[PDB]
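Overview of a structure with darunavir.
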Protein chains: 2
Amino acid sequence: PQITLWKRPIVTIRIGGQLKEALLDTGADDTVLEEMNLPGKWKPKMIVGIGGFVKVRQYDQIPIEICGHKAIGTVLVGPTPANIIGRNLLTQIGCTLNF
Amino acid sequence: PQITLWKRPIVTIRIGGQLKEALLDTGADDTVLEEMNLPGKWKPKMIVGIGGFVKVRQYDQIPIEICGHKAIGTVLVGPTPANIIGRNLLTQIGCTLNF
Ligand SMILES: CC(C)CN(C[C@@H](O)[C@H](Cc1ccccc1)NC(=O)O[C@H]1CO[C@H]2OCC[C@H]21)S(=O)(=O)c1ccc(N)cc1
């Protein structure tokens, strides 16, 4: 699809058997989701945003479907005000900016 | 141009007679720049990011050139760890997501 930016680029994703909504966020290096349960090992990570540093849990090689496209990659989980799909997963579904 | 997302989508902008770099950020409603001087009236505004609420100054109808495209729009100024061009200005230069 071609998504214009008059509205937030929110799409439906499926992960760990749940349907959630998330932001396609080219300003994010990494995908970060609101608190949820994921299986397997995780390591503590820190990220920075507007507001400062935030502590998160990193899970790797997590299957996720994004607006109909299936992907596998790293997912961070923590106290984000928004589910965001960052560049690490946007590249997996062939997402680009165009103008 | 078509910009892939293996790297941060950083472009050169010109604003208040300065050249700066900024991130094309579909996950931002609003354009937010690191501390700088702009002419005219400004109102205090609050935004939220990953690390909480942040107080910023809002300036309206500011000319800005972004990767060669001229635009006019609202610019927020405050303690952001990055210059970010948000949807309010991405729409002005005809920027879309495609996958
Ligand atoms: C500031 C950027 C370098 C990075 N941010 C991504 C950014 O797109 C966030 C993404 C975002 C979105 C909503 C809430 C928090 C963070 N947007 C944001 O801070 O924008 C603010 C300015 O305009 C407003 O519109 C939306 C929030 C406001 S970030 O959320 O802090 C971030 C940092 C690292 C990762 N891996 C993921 C996300």
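Chain A corresponds to the first sequence line; subsequent lines are lettered B, C, and so forth. The PDB entry numbering applies to chain A: residues 1-99, in that order. Going by the PDB entry, the residues shown for chain B are 1-99, listed in order. One-based numbering, in listed order, for ligands and for the atoms of each. For the numbers below, each heavy atom of this structure counts, side chains included, while hydrogens, waters and symmetry mates do not.
The name the PDB entry gives to the main binding partner of darunavir (ligand 1) in this structure is Protease.
Counting only heavy atoms under 4.0 Å, the other chains near darunavir (ligand 1) are A, B. When heavy-atom distances to darunavir (ligand 1) are checked against a 4.0 Å cut-off, A/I84 comes that close only through its side chain, counted from C-beta outward. Nearest protein heavy-atom neighbour of atom 4 (C) of darunavir (ligand 1): A/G27 O, 3.3 Å. In terms of polar-atom proximity, defined here as any N/O pair under 3.5 Å, A/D25 does make such a contact with darunavir (ligand 1). Using a 4.0 Å cut-off between heavy atoms, A/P81 contacts darunavir (ligand 1) through its side chain alone, with no backbone atom that close. Remark: among candidates B/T80, B/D30, A/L23, B/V48, the nearest residue to atom 21 (C) of darunavir (ligand 1) is B/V48, based on non-hydrogen atoms. According to the deposit, the organism of chain B is Hiv-1 m:b_arv2/sf2. Using a 4.0 Å heavy-atom cut-off, the binding site of darunavir (ligand 1) is formed by A/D25, A/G27, A/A28, A/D29, A/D30, A/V32, A/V48, A/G49, A/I50, A/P81, A/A82, A/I84, B/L23, B/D25, B/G27, B/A28, B/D29, B/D30, B/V32, B/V48, B/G49, B/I50.
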